[PDB]
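Protein chains get the first letters and strands the later ones, always in sequence-line order, with residue 1 at the start of each. In each ligand, atom 1 is the first atom listed, and ligand 1 is the first ligand listed. Looks like X-ray crystallography, 2.2 Å, at least that's what the header says.
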Amino acid sequence: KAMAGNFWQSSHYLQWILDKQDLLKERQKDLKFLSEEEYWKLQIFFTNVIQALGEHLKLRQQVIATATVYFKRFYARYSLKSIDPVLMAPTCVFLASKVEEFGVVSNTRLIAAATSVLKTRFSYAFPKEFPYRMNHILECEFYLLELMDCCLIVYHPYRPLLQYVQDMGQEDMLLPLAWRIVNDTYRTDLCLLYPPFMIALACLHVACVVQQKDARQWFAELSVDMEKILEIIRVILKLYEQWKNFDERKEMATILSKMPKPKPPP
Amino acid sequence: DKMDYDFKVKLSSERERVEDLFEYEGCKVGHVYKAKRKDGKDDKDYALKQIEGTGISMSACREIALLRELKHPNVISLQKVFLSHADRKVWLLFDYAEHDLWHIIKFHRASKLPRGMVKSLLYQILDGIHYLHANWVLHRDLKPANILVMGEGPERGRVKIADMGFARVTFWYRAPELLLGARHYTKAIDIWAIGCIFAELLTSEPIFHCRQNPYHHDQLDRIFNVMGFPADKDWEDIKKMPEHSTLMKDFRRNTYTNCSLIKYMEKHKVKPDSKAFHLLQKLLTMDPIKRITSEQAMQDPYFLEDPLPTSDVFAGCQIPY
Ligand SMILES: CNC(=O)c1cc(Oc2ccc(NC(=O)Nc3ccc(Cl)c(C(F)(F)F)c3)cc2)ccn1
């Protein structure tokens with residue numbers, strides 16, 4: 001696949017691996033409206049919306065992942081009020097599908113998919129029907145491209161994970177669990193802060209601990225900073241406790257009402 | 001509009017517009033323009049391409065996605081993308097390449113190509129394509145018009161591979177497997193085109209020149225008139241090609257019995273025992289699994305033989321084009 005093996009001179013690496021302190025500083029704008037807890041709940045929520053959109057459209061996981069990174073990059077820089085995330089979510093899916101060479105989702109199929117998914121899976125949060133049309137998608141797409149500075153190729157932890165488990169010789173035992181943990185990392189900021197291979201290693205380690213597989217020796221003979229891996233592991237462990245404590249369907253209507261909304265023309 | 005007002009007006013105030021930064025009044029060489037900076041603190045020539053169609057098509061997304069990541073001296077550099085929000089048009093900015101290989105060859109076909117220059121062109125094309133292939137990027141439309149060459153300036157005589165019809169007719173550079181209905185583009189298909197270009201550089205004429213769905217009878221006929229008709233041992237899986245049956249019906253081996261690349265190149269003054277010819281022959285192999293790779297080709301002793309390839313393809317000479 002295109003640009004595989006080029007991560008270290010990629011736009012992903014060189015422009016879109018952000019500093020945590022920069023990220024949180026830009027987030028302070030929105031944290032005047034939402035608590036930190038509410039902010040990480042909102043992130044979980046839109047991760048899930050994008051995954052649902054992707055599944056409905058039958059997109060491969062990598063396209064969904066790319067769409068999710070586009071969404072995160074945009075709100076890493078700008079406030080939730082700049083563009084309605086309900087509009088940005090399907091716009092990200094649409095652009096990612098084109099970039100990943102899967103196809104241009106038709107106008108009516110994109111709008112029908114967003115309308116259906118919000119109505120079927122998310123009616124607890126959205127009592128009104130998806131109000132946006134394709135002209136809004138196309139306008140949003142331009143703002144998205146501009147913000148990302150046309151940095152469209154995104155690397156993910158799935159490929160390195162695949163290589164790691166094959167090396168262990170534990171494809172059948174550990175791959176399904178570790179892959180699923182990788183999906184779950186998209187509920188957090190991790191993909192903005194660390195190279196994908198590190199996230200892959202953290203997910204695989206957690207999978208090993210969960211399945212009681214001894215892989216100490218294997219991890220020991222890697223030439224990577226295990227301090228960074230351990231930071232990533234702690235975020236993963238935390239996301240499951242957050243998952244446990246969060247009732248999305250009960251909380252999201254209230255949290256969405258707290259989001260700052262777009263100012264109208266004066 | 002449902003977007004935040006302050007957000008919108010801030011971005012529109014700060015947004016770079018092509019019509020502010022560049023003067024392209026006429027000079028229409030979608031559509032590509034020769035452009036100069038309006039600021040003036042820059043005397044270098046630029047090329048601007050407006051993408052055909054509104055918004056961003058599949059091919060447009062891909063062109064932008066790839067060029068944004070690709071970085072190599074022999075692949076054209078995307079300097080900037082301008083997004084025109086009012087008309088939803090997309091503009092690509094590149095450094096202007098004075099020359100291209102189609103005009104270079106036409107000039108020499110008309111005056112009648114120095115051997116040092118041929119070798120250096122070939123080496124740099126191979127270098128660029130080797131980089132693309134290593135990143136699993138296929139060109140899919142190599143031909144002289146897509147081989148640019150920089151003029152006077154800091155990159156004098158440097159080849160820049162471009163793909164100026166990425167969105168979308170001559171079949172002179174198309175590998176035979178595509179003419180027999182092959183369903184996927186491959187690295188080998190690019191290598192065959194490079195071989196066609198090399199032959200054309202050596203003789204000044206397109207080797208598979210032919211009069212103007214995948215099956216093209218006259219083009220294959222021209223390929224066989226030059227190469228001969230492949231024996232089963234030369235291309236064992238030719239029988240797996242979708243149009244193989246059609247080929248058998250239309251063609252007979254006996255028609256091309258006195259044909260070979262040796263005989264073709266001999267009547268164009270290229271010596272069969274030259275390192276040039278032997279390289280060319282490894283590039284123009286009918287069976288794509290028997291074609292040399294771009295990296296293997298760069299290692300060929302042709303490039304170690306006097307004269308060595310130069311970073312400026314015009315090295316040791318002046319530019320008459
Ligand atoms: C006489 N001078 C000129 O005519 C001239 C014309 C110019 O116009 C251009 C217009 C468009 C392009 N766009 C690409 O090339 N897009 C591309 C897409 C995919 C892939 Cl894969 C590639 C790659 F990698 F193969 F290179 C390249 C390049 C040049 C510029 C400078 N000079």
Item to check | Compound at ligand 1 (sorafenib, asoprisnil, lofentanil, namodenoson) | outcome: sorafenib
Checklist entry - Which macromolecule does sorafenib (ligand 1) make the most contacts with, named the way the PDB entry names it? => result Cyclin-dependent kinase 8
Checklist entry - What other chains come closer than 4.0 Å to sorafenib (ligand 1) by at least one heavy atom? => result B
Checklist entry - What is the nearest protein non-hydrogen atom to atom 25 (F) of sorafenib (ligand 1), stated with its residue, atom name and distance? => result B:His139 CD2, 3.4 Å
Item to check | Protein contact of atom 24 (F) of sorafenib (ligand 1) - nearest heavy atom, named by residue and atom, plus distance | outcome: B:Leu132 CD2, 3.4 Å
Checklist entry - Do any nitrogen or oxygen atoms of B:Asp163 come within less than 3.5 Å of a nitrogen or oxygen of sorafenib (ligand 1)? => result yes
Checklist entry - Is it true that B:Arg140 lies under 4.0 Å from sorafenib (ligand 1), counting heavy atoms only? => result no
Item to check | The one among B:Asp95, B:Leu148, B:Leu93 that brings a heavy atom closest to atom 5 (C) of sorafenib (ligand 1) | outcome: B:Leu148
Checklist entry - Which option out of B:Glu63, B:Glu69, B:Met150, B:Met164 puts a heavy atom nearest to atom 13 (N) of sorafenib (ligand 1)? => result B:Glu63
Checklist entry - Touching sorafenib (ligand 1) at all, B:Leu92? Heavy atoms, strictly under 4.0 Å? => result no
Checklist entry - Considering only chain B, which UniProt domain carries most of the residues contacting sorafenib (ligand 1)? => result Protein kinase
Next on the checklist: For atom 30 (C) of sorafenib (ligand 1), which of the options B:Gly30, B:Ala162, B:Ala47 provides the nearest non-hydrogen atom?
Outcome noted: B:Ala47
Checklist entry - Nearest to atom 29 (C) of sorafenib (ligand 1), what protein heavy atom do you find, and at what distance? => result B:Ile76 CD1, 3.5 Å
Checklist entry - Where is the nearest protein heavy atom to atom 26 (F) of sorafenib (ligand 1): which residue, which atom, and how far? => result B:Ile161 O, 3.3 Å
Checklist entry - Which residue and atom, if any, anchor sorafenib (ligand 1) through a covalent bond? => result none
Checklist entry - Of the UniProt active-site residues in chain B, which one sits nearest sorafenib (ligand 1), and what is the shortest non-hydrogen distance (1 Å precision)? => result B:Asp141, 8 Å
Checklist entry - Using heavy atoms and a threshold below 4.0 Å, how should the contact between B:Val29 and sorafenib (ligand 1) be classified: side chain, backbone, both, or neither? => result neither
Next on the checklist: Applying a heavy-atom cut-off of 4.0 Å, say which part of B:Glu98 lies close to sorafenib (ligand 1): side chain, backbone, both or neither.
Outcome noted: backbone
Item to check | Distance-only N or O hit between sorafenib (ligand 1) and B:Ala97, under 3.5 Å | outcome: yes
Checklist entry - Heavy atoms under 4.0 Å from sorafenib (ligand 1): which residues of other chains qualify? => result B:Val32, B:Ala47, B:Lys49, B:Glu63, B:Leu67, B:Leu70, B:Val75, B:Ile76, B:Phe94, B:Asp95, B:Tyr96, B:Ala97, B:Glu98, B:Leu132, B:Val137, B:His139, B:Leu148, B:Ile161, B:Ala162, B:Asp163, B:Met164, B:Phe166
